[PDB]
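Below, a PDB structure including sertraline.
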Amino acid sequence: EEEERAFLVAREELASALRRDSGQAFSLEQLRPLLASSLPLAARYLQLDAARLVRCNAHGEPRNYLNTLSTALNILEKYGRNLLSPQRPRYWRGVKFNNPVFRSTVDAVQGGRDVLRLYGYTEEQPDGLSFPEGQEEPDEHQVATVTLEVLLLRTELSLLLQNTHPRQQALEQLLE
Amino acid sequence: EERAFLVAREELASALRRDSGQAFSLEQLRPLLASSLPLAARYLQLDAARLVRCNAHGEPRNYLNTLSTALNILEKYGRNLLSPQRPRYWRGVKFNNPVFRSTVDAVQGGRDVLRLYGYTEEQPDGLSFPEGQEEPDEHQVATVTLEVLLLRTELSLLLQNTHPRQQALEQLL
Amino acid sequence: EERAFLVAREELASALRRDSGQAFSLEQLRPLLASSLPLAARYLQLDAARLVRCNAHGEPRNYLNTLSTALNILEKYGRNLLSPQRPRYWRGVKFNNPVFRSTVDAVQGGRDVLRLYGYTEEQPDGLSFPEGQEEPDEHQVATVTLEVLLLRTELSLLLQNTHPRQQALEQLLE
Ligand SMILES: CN[C@H]1CC[C@@H](c2ccc(Cl)c(Cl)c2)c2ccccc21
Ligand SMILES: CN[C@H]1CC[C@@H](c2ccc(Cl)c(Cl)c2)c2ccccc21
Ligand SMILES: CN[C@H]1CC[C@@H](c2ccc(Cl)c(Cl)c2)c2ccccc21
């Protein structure tokens, strides 16, 4: 009740801060209503399939695949931040799979391509994904909400790698 | 070798349409098992790469058996759609089924295999065919059924240590 | 035959107490396999009738595999509870563990086996030990682990058609 109410408030608040300033940095205190929340994962991540991304990429030592997942999420977070900035990139409506950074980070994670579809890159192409022909501008509320969930999962994976997660003992039971 | 593999694909797929309850031997699947082609060339509809990657948790003797059991149930669903007397409830699959929730729904991506059969419409209690579709896609159902049968056979051969490429497959886990 | 069954029962239950990783052979469990004693006397803690009856749905080649794999993971939980180098989080089990959903939670009554191990208190996301309890009942854990080991072996031998009472047990699944 009281904890579930502060979660939806912080989610809508931080999503607008990304729309107001796409380059805004968030501290661990600003995201604490979303990290320390004892809400189930289905209620915490409404768009980003956090359960899938963790399940399909938990291979090897946790010191490595949590690091590989966090790096791919940092790249995916930059894609959503670029869409929300007033000075959008010249090729904002098209991501190519053969990018050297993309192939070494996002394409190295099972399900990283599907995260781009959440931003709006829904049209499949033999070299990448693209925004649909006709969509003049991206849905800011959709991009900001997905960017916040991507940034939140990256923060959650980062907190686990430093043994500083609020539910560190609980999350480690799902990997051992 | 890509031509010989594609010829045996249409051969077994046409055999499933002829008799949906026809049992295949290891020799009949030999041109598909012993093969040097990549996985993307051997599995066109079934995403065998993610089906193993998203479910290779724990001991291999455990999750390979769970994967093959779920594929055995998914194979029966495709064979039922190719039967001359289809089940009376072939148009939909319920998530709350005791057999379904214990085998297919226990595997990440098992519902995606049902979508390949034709169960594309999502409902709160399961998946169903589009209401405007009279009959299932026999060519598509037979193709997915054969690939599901092949993946389950490959997982089974790994557990018996009789896979033709057993050594190479074990290094991928 | 009841005294002979209990004689080898504590012999295997004590072997798991000293060495939890010590694997048992078929000849070691055969005295407990070919016994014509009723199931009520062979399983005192594990509800073997519940696990088989409530999950014998579909083809026997399918649910016997699902039952065997779930018990193999349940046997790993009991063995780790008796290990001298216990895991750091032996006091709790999460339902959303990717191995748990595909094996134990896929079987009707699998969570009750964890309660026999000691995981009696329930959380919205799993089961855990009571806060007052600091060490598990090594006698009860080894007793349940042995019976879980017993049921897994019985289901595995039936799938291989090498069970000592194969024809008798097959008549209970028609
Ligand atoms: C169904 N989702 C599961 C698996 C993901 C798993 C999870 C979620 C986030 C992270 Cl960062 C990790 Cl390591 C693991 C989890 C956590 C709490 C409740 C449920 C779940
Ligand atoms: C990209 N696909 C990979 C992973 C699956 C992996 C594979 C395929 C079938 C099985 Cl039964 C297993 Cl255990 C593992 C494989 C095999 C041959 C060529 C490629 C691949
Ligand atoms: C009513 N008691 C039943 C339980 C299940 C049944 C049983 C027990 C173990 C297994 Cl492996 C199977 Cl297939 C079936 C049985 C067997 C012998 C004596 C009694 C019983």
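Chain letters run A, B, ... following the sequence lines, proteins first and then strands; every chain starts at 1. Heavy atoms only: backbone and side chains are in, while hydrogens, waters and symmetry mates are out. Atoms within each ligand, like the ligands themselves, are counted from 1 in listed order.
Counting heavy-atom pairs under 4.5 Å, the chain with the most contacts to sertraline (ligand 3) is listed in UniProt as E3 ubiquitin-protein ligase RNF31. Counting only heavy atoms under 4.0 Å, the other chains near sertraline (ligand 3) are C.
Here no covalent bond ties sertraline (ligand 3) to a chain. For sertraline (ligand 3), the residues with heavy atoms nearer than 4.0 Å are C:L39, C:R42, C:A49, C:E154, C:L155, C:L158, C:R165, C:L169, C:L172, C:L173.
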